[PDB]
J.: 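I am attaching a structure below and will ask some questions about it afterwards.
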Amino acid sequence: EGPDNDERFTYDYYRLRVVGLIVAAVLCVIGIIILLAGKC
Amino acid sequence: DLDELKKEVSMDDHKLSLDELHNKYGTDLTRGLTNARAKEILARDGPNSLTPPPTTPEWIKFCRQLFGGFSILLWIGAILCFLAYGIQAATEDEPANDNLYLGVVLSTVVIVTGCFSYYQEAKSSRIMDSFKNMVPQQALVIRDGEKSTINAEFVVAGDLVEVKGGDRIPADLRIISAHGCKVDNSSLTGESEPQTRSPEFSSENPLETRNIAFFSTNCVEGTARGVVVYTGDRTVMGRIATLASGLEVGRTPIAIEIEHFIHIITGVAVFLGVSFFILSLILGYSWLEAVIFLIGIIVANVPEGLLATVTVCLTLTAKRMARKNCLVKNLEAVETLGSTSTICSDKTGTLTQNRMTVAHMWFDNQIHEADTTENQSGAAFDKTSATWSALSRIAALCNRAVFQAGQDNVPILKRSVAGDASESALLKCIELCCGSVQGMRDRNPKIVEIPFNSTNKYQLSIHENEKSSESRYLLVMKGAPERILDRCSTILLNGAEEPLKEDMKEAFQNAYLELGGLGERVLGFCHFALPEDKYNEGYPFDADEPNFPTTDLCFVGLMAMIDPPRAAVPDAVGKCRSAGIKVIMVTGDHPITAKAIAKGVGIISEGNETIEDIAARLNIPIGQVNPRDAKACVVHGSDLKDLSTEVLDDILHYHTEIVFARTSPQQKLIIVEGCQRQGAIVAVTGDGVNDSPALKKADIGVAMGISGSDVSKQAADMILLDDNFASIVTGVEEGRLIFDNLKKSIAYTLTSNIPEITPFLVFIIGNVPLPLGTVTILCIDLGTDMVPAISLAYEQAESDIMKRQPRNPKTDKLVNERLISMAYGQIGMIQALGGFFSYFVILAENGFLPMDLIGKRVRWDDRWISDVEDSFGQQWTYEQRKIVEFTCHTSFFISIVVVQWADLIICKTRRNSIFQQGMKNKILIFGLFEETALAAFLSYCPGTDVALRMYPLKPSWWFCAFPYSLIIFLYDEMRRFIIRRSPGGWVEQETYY
Amino acid sequence: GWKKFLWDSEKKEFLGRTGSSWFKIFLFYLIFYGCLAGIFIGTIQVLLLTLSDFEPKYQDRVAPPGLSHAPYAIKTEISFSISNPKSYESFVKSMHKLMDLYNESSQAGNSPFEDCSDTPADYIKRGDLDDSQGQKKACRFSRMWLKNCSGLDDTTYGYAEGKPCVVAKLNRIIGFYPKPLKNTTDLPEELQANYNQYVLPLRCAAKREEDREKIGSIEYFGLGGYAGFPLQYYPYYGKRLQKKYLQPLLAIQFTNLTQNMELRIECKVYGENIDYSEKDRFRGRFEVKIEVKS
Ligand SMILES: *[C@@H]1O[C@H](CO[C@@H]2O[C@@H](C)[C@@H](O)[C@@H](O)[C@@H]2O)[C@@H](O[C@@H]2O[C@H](CO)[C@@H](O[C@@H]3O[C@H](CO[C@H]4O[C@H](CO)[C@@H](O)[C@H](O)[C@@H]4O)[C@@H](O)[C@H](O[C@H]4O[C@H](CO)[C@@H](O)[C@H](O)[C@@H]4O)[C@@H]3O)[C@H](O)[C@H]2NC(C)=O)[C@H](O)[C@H]1NC(C)=O
Ligand SMILES: *[C@@H]1O[C@H](CO[C@@H]2O[C@@H](C)[C@@H](O)[C@@H](O)[C@@H]2O)[C@@H](O[C@@H]2O[C@H](CO)[C@@H](O[C@@H]3O[C@H](CO)[C@@H](O)[C@H](O[C@H]4O[C@H](CO)[C@@H](O)[C@H](O)[C@@H]4O)[C@@H]3O)[C@H](O)[C@H]2NC(C)=O)[C@H](O)[C@H]1NC(C)=O
Ligand SMILES: CCCCCCCC/C=C\CCCCCCCC(=O)OC[C@H](COP(=O)(O)OCC[N+](C)(C)C)OC(=O)CCCCCCC/C=C\CCCCCCCC
Ligand SMILES: CCCCCCCC/C=C\CCCCCCCC(=O)OC[C@H](COP(=O)(O)OCC[N+](C)(C)C)OC(=O)CCCCCCC/C=C\CCCCCCCC
Ligand SMILES: CCCCCCCC/C=C\CCCCCCCC(=O)OC[C@H](COP(=O)(O)OCC[N+](C)(C)C)OC(=O)CCCCCCC/C=C\CCCCCCCC
Ligand SMILES: CCCCCCCC/C=C\CCCCCCCC(=O)OC[C@H](COP(=O)(O)OCC[N+](C)(C)C)OC(=O)CCCCCCC/C=C\CCCCCCCC
Ligand SMILES: CCCCCCCC/C=C\CCCCCCCC(=O)OC[C@H](COP(=O)(O)OCC[N+](C)(C)C)OC(=O)CCCCCCC/C=C\CCCCCCCC
Ligand SMILES: CCCCCCCC/C=C\CCCCCCCC(=O)OC[C@H](COP(=O)(O)OCC[N+](C)(C)C)OC(=O)CCCCCCC/C=C\CCCCCCCC
Ligand SMILES: CCCCCCCC/C=C\CCCCCCCC(=O)OC[C@H](COP(=O)(O)OCC[N+](C)(C)C)OC(=O)CCCCCCC/C=C\CCCCCCCC
Ligand SMILES: *[C@@H]1O[C@H](CO)[C@@H](O[C@@H]2O[C@H](CO)[C@@H](O)[C@H](O)[C@H]2NC(C)=O)[C@H](O)[C@H]1NC(C)=O
Ligand SMILES: CC(C)CCC[C@@H](C)[C@H]1CC[C@H]2[C@@H]3CC=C4C[C@@H](O)CC[C@]4(C)[C@H]3CC[C@]12C
Ligand SMILES: CC(C)CCC[C@@H](C)[C@H]1CC[C@H]2[C@@H]3CC=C4C[C@@H](O)CC[C@]4(C)[C@H]3CC[C@]12C
Ligand SMILES: C[C@]12CC/C(=N\OCCN)C[C@@H]1C(=O)C[C@@H]1[C@@H]2CC[C@]2(C)C(=O)CC[C@@H]12
Ligand SMILES: [Mg+2]
Ligand code: NA
């Protein structure tokens, strides 16, 4: 480390947003499944 | 429109003569009026047509929906928001546009709610307009000595009018000459049978005399003449309709509950505002700022989404009712049924079917019962003896009525039959269990028939015998059992014949009194085989001299008949009584029939007794017995006219099974008012016009759809398009279910108020960075929260709802202090603490420890301080610290959702446990899933920190509210436990909503 | 109603309940809220146990350092009359507040101050971010280094005759090493001359192309006479490990300023670990609206 300790000030918000969206989508799907499960 | 002169009972000029009548209105009894004179009167007073109702533009009702009680509260909230914005604009520079956004949002909410409610009431109005079928009608008037058929709108007072069986009485006539003319006074006077109209006068009451024809009445059989006495709106039913329209509406119970709810919400809102106003002035702030604080706290204490949620809640229960053919015109009339505690019903057309049907039959010294139900769902009467066959031949032959051409499609009971009511019932019973009468009649040719004389009081006729082995002649007569009994000497027992000894004569007398006491009309059928040796096949028996033996006939058996009640009438009445609803019969029919129908439907429980019944069982005068020993009472209309207010109060206060007979529509209204004077909700169920003033003044009116009148249908609040009475039970059940559900949903939407106001309060008192922003409060109150609150309506019952007593209106409210103590006091507090926890965590991880946050708002807000030292010594610019505050708003909103999970689960049930009821409500599950997906979407979607100002969260923060949620679940679970084990204890009178 | 629900004399009720009821409810709420407070406090103590006293766990919201100044401008504007003295008082008061912390009397002895190179130098590492060695030592920064803007000669600092000064400062960040641009063929025009590697350059200019002519001679004052910050005053070990620490400063005199006209001056620092933002107008650079109306 030392002078080139640039990583100590970086965060991968991109990957975090991607995962959070994948999860949100999945939860939404599951919800729909449960809602329509019975009318078919 | 003098109401008192319309509230009075009808008066008339019936007790007069034909000369006095013609001398008062002016008219030739044999030539009628002249055309010139007729037109002079037509133009002098107006056409014989009822006035149209008071129309209503669509923008007027749209403006009505835009206002009210709840929408008005939201309106004042929007006004306050814009006022605070104007202030901030004139006092400071760089005014935050927070207040303006909140104001336009509240206005949009009110507009959307109004559009939805208005659309629903319009839907019901369209399906309601598809029922008024008005085909023009023309009357037969005699002018200058000639008969002419002119539009009903051209009849005037004074001309001569002729009627014929099958036509409708145009205006109010004064019969001058009749020929066996019967009329149907069921809609106006409620008389189930056809009263004969005679030119002579008989009773002092105009509704009882026979010399007056009435508007909207139909002539069943016969022809008559008459002078038009009353025309246009001045008619009887015209004054009744005008009175109905000139009555007030009232104010439903759900509306009063919403009003008291707003009263409490405003009490606590203005209290927190004036108090934090004096407190802010005591800490140094200036007036200009304190005013904004007052407005902010008051506006913040207002549930914006509760309006749309309540509207959807009420709308959901209405579609079910519409699925079972129960349509409501308004939207709140869906709850009034559940709160009803006294149902005033009508007999003719509502409690009964208004159709004569063969009830009991006598044959083989044994009473037999026939099925008298619409869909024919009952017990047969043993069609295996020869006696029954002979009876079928007598009734099917000695009868002149025949089904109306083209009825090959309708059922055997609902088809049209041209003839008297008795002959129609007989024809229907024979066609029901004996096949096609048309072939039974062509199978035996009728040779000679002697009609019905008023002296002979018997109808006889001879026909050929279809026996291919017997060419003799058959004779059949029918009539009153006494006259027929005096003409027989044999009895057809089980087929064979026997003498008429006094044993069977007494059995016939007891049978006559048995069928008579049942409120039925009994007739006797007999026949005889004419000897072909004394009357050959060629001899013609002209109806002139005694060609047939009047006596020595063979009596076969009696045949009774009466109008039966609708299928689900007894079961529904019993269900209503089980729910603690007092059933009181109110009808303008004969008391002898009203009492029988009451005992048959459950109004007068079997065993209870009236004062006259006791006097008859003891054989003592009626003035000696005490009226307290009689549970049920039959109040006659004539006696009701002479009764004080206190007497009526006592009648309803001491008698549990009351039956008001021979009561006029005005008296019906008086009875409804007498019921309201005490304090109970009233529901009137009717069908005719006499029920219009009763359905209007009652808390809720139920009109029949098929058998109901247009006036009572337009003046009622609920319509039964299928004429089913069990729908009343379904309605009283739904009215309760949606009440307990409204309570649960209200506690849900009110619990979040605390974790949405506490941040600002600590912001002003403790001087910490703003915890909960405005676009987050908006994303909570109008976003996520909506679906769960809507789902709380689909909750099933916990205990039997059709078992508990009706809710007391003066003590058990909709929103009591027990709810406020839970939402505002215990659950909301925990949710607020959880939010502050996530807050402090976010600020502690970035460098601002809790010790350095108290006292920073002055520099944390300042826009020109680009060097704010944190707990570690770092220098933060203005935009950098603002980004952190916004991320704290995002996490606070997510914490709110996390605690709302356990709040929606503890709100699902009010007493029972979750492991008992069960999570069978799929909508609630979908609500939780969507509630979470929306929060994740609002935070992780790119461009949100620019549009809505919500930054992404780090996966370790999302878990700061979980312990608080589990704790909420545990607390409410143990709460809903002591209530069960300890009924009536502290936890119940303190936390049981 | 009004009177009864307030005080009845048959059931001896006040507001609705008797004497013993209000006590049952008050006691219940006291115990409930007490448990609530104790639980919240415990959940906050575990938090205090999760953080370190010598370093912020997350340092990403403060990666690109800001560029602030000594005068306190309400809208980033410096407007004052050369005649009325009660016009530039708000400026001098601030300036003074900032320079009042670099007084020599404060910087004295061996502890905790240390004499450093009078000419720009390289970084200096006083170990790790621990408590093993006692309070670290910070380099001394003398007032006099700033020549015409020090309040030692002309207390007003310039505002008295139409020649104001502006003391620029780099936002203090823990463990942040400033890195300057290298001598390669790609470098701004300005930066070529006087490339002392050890100095972080600061250079002001005009926002618009027109204003160039109306702005006179930007005279910068600093350590060694250069227009920048010496790398020797870094890194910053944080308040706990380096109390009594002074950050370098750079004075800027806007000599020959056109009279009676609003001038937009944008100052900017250059370097590798330095990046600007179109949203935050104080990240690396700063704007000032000077107007010496007289
Ligand atoms: C850091 O240094 C500041 C300056 O230090 C001075 O110069 C350095 C190089 C050394 O020589 C040091 O010994 C000097 O003191 C220091 O601030 C100074 O503090 C003194 C003490 O209060 C101030 O003296 C007072 O001056 C006022 C009038 O001030 C006028 O000028 C200033 C600008 O300089 C304006 O801001 C004012 O509004 C005025 O226009 C006198 O009225 C006052 O009278 C008092 O003393 C006399 C005897 O002399 C008595 O008879 C009276 O009753 C009063 O008791 C003082 O003479 C001096 O103004 C002030 N300088 C500045 C620039 O403000 C600062 O405190 C040091 N800080 C730290 C943390 O070490
Ligand atoms: C940072 O960089 C500059 C420039 O470096 C030059 O450009 C770079 C992009 C890269 O290509 C380098 O390789 C390249 O050198 C340094 O400053 C330069 O220094 C030289 C050497 O002194 C100067 O060249 C001089 O030019 C004069 C006229 O302009 C000429 O008269 C000079 O004569 C000298 O050299 C001749 C031999 O060529 C000798 O005979 C003479 O007697 C006399 O010594 C000389 O050629 C450049 O002009 C300088 N550039 C600028 C912009 O001033 C700089 O020193 C460096 N800094 C550090 C700390 O490394
Ligand atoms: C009955 C009701 C059922 C309801 C089911 C709902 C479905 C749930 C759906 C999804 C949940 C799974 C999520 C998994 C996501 C992992 C993704 C991942 O890669 O994530 C890594 C992070 C670490 O982030 P960092 O900051 O360290 O690095 C950041 C480094 N950078 C930023 C530089 C890149 O980690 C994380 O997000 C941690 C993710 C959270 C961990 C899941 C914890 C589960 C909790 C309780 C369940 C226990 C069940 C027990 C079984 C009982 C059976 C009877
Ligand atoms: C019946 C069955 C139904 C099934 C339906 C399934 C639907 C599909 C399900 C999931 C789709 C997943 C799509 C994933 C998109 C990833 C986009 C992404 O990762 O973008 C990240 C970057 C922005 O990063 P930055 O550097 O600016 O960060 C800020 C850095 N700072 C602030 C520090 C400077 O993007 C960019 O640049 C460019 C972005 C371009 C715009 C992309 C649009 C994405 C928006 C919405 C799609 C998500 C919907 C998911 C469904 C949810 C339902 C509620
Ligand atoms: C920065 C700091 C943050 C601050 C955040 C504050 C958040 C605010 C949270 C909650 C707001 C509390 C406001 C008061 C709410 C009272 C509820 C209320 O008014 O509901 C209305 C009920 C009516 O109910 P009903 O329709 O069933 O009646 C039927 C009667 N029938 C049937 C016999 C006719 O009326 C009643 O309950 C009667 C009225 C009783 C009023 C009691 C007033 C107590 C208020 C403060 C006490 C403080 C003392 C502290 C010192 C303690 C000693 C150590
Ligand atoms: C540390 C973290 C703290 C978090 C705190 C917040 C927690 C809130 C979230 C979830 C709480 C779950 C509670 C579990 C309760 C289970 C109760 C249960 O199992 O009671 C069994 C019932 C009773 O049956 P019975 O005897 O009446 O049947 C009679 C049938 N006959 C009539 C045919 C005979 O059976 C039934 O209800 C029928 C089967 C229903 C199965 C339900 C399964 C779904 C459960 C939860 C959904 C997950 C939501 C997740 C939200 C997060 C979104 C991201
Ligand atoms: C059964 C039925 C199922 C239906 C489910 C439907 C789910 C729909 C799922 C996803 C669609 C969501 C909308 C997509 C928005 C895409 C926006 C986008 O791709 O933006 C990309 C660019 C960002 O570019 P940059 O990184 O270079 O910016 C740098 C800026 N610097 C550097 C100055 C800071 O955007 C910009 O520039 C400007 C950003 C414009 C902001 C647009 C956001 C809209 C705001 C509120 C609407 C959300 C309401 C919630 C509705 C919930 C429905 C369930
Ligand atoms: C069924 C489930 C539904 C779920 C949906 C969730 C419901 C949401 C409920 C309420 C949220 C609505 C609040 C509207 C907020 C508007 C904010 C706004 O106008 O801020 C103005 C900003 C100005 O900001 P500045 O001064 O910092 O600019 C400085 C620029 N300098 C410095 C560079 C010059 O301009 C900008 O952001 C420019 C970009 C404009 C973005 C407009 C986004 C509108 C978002 C929603 C409206 C539609 C919602 C309808 C759905 C209803 C659901 C029932
Ligand atoms: C972060 C958020 C944390 C939140 C944690 C909250 C924990 C605090 C929970 C409970 C503390 C309150 C205890 C108050 C005890 C004093 C109350 C009292 O003085 O009461 C007196 C009565 C006895 O009078 P009586 O009825 O015989 O007289 C008849 C009189 N007349 C007619 C009016 C009915 O007492 C009774 O009835 C007995 C009723 C006692 C009340 C039981 C309530 C228990 C509720 C929750 C405990 C579960 C905690 C689970 C947490 C798990 C954490 C992981
Ligand atoms: C400061 O600015 C002034 C102009 O305001 C410059 O002096 C002018 O120079 C022109 C010739 O180019 C003369 O015509 C003017 O009469 C001068 N005006 C004054 C007031 O002297 C001056 O050269 C500038 N000095 C510096 C150091 O930039
Ligand atoms: C019924 C109960 C027990 C289910 C509890 C589910 C919890 C653990 C689920 C619900 C939503 C989930 C979050 C959904 C989205 C993200 C964003 C992602 O980038 C990291 C994980 C994270 C933060 C998830 C962590 C786990 C989470 C909080
Ligand atoms: C379940 C409920 C009732 C338990 C509540 C426990 C309360 C009383 C406990 C939980 C955590 C505890 C705190 C833990 C740490 C400290 C720091 C110490 O330097 C002083 C005491 C103090 C501040 C404690 C006070 C008591 C405390 C707040
Ligand atoms: C009080 C509030 C408007 C009302 C509000 N919620 O209104 C939803 C009604 N249920 C909470 C808002 C806040 O907390 C933040 C408030 C804002 C008004 C304007 C305020 C007071 C400001 O100038 C700074 C904080 C702003
Ligand atoms: Mg009727
Ligand atoms: Na009504």
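The chains referred to below are lettered A, B, ... by the order of the sequence lines, with proteins before strands, and numbering in each begins at 1. Only this structure's heavy atoms are used, side chains among them; waters, hydrogens and symmetry mates stay out. Counting convention: from 1, in listed order, for ligands and their atoms alike.
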J.: In this PDB structure, which macromolecule forms the chief contact with ligand 13, named as in the PDB entry?
T.: Sodium/potassium-transporting ATPase subunit alpha
J.: Wondering which of enalaprilat, clinafloxacin, istaroxime, polythiazide shows up at ligand 13 - can you check?
T.: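 The right pick is istaroxime.
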J.: Using a heavy-atom cut-off of 4.0 Å (strictly under), which other chains touch istaroxime?
T.: B
J.: Enumerate the neighbouring ligands and ions of istaroxime below 4.0 Å.
T.: none
J.: Any chance you could list the binding-site residues for istaroxime? Cut-off is 4.0 Å, heavy atoms.
T.: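 The heavy-atom cut-off picks out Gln88(B), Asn99(B), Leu102(B), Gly296(B), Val299(B), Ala300(B), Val302(B), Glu304(B), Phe760(B), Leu772(B), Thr774(B), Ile777(B).
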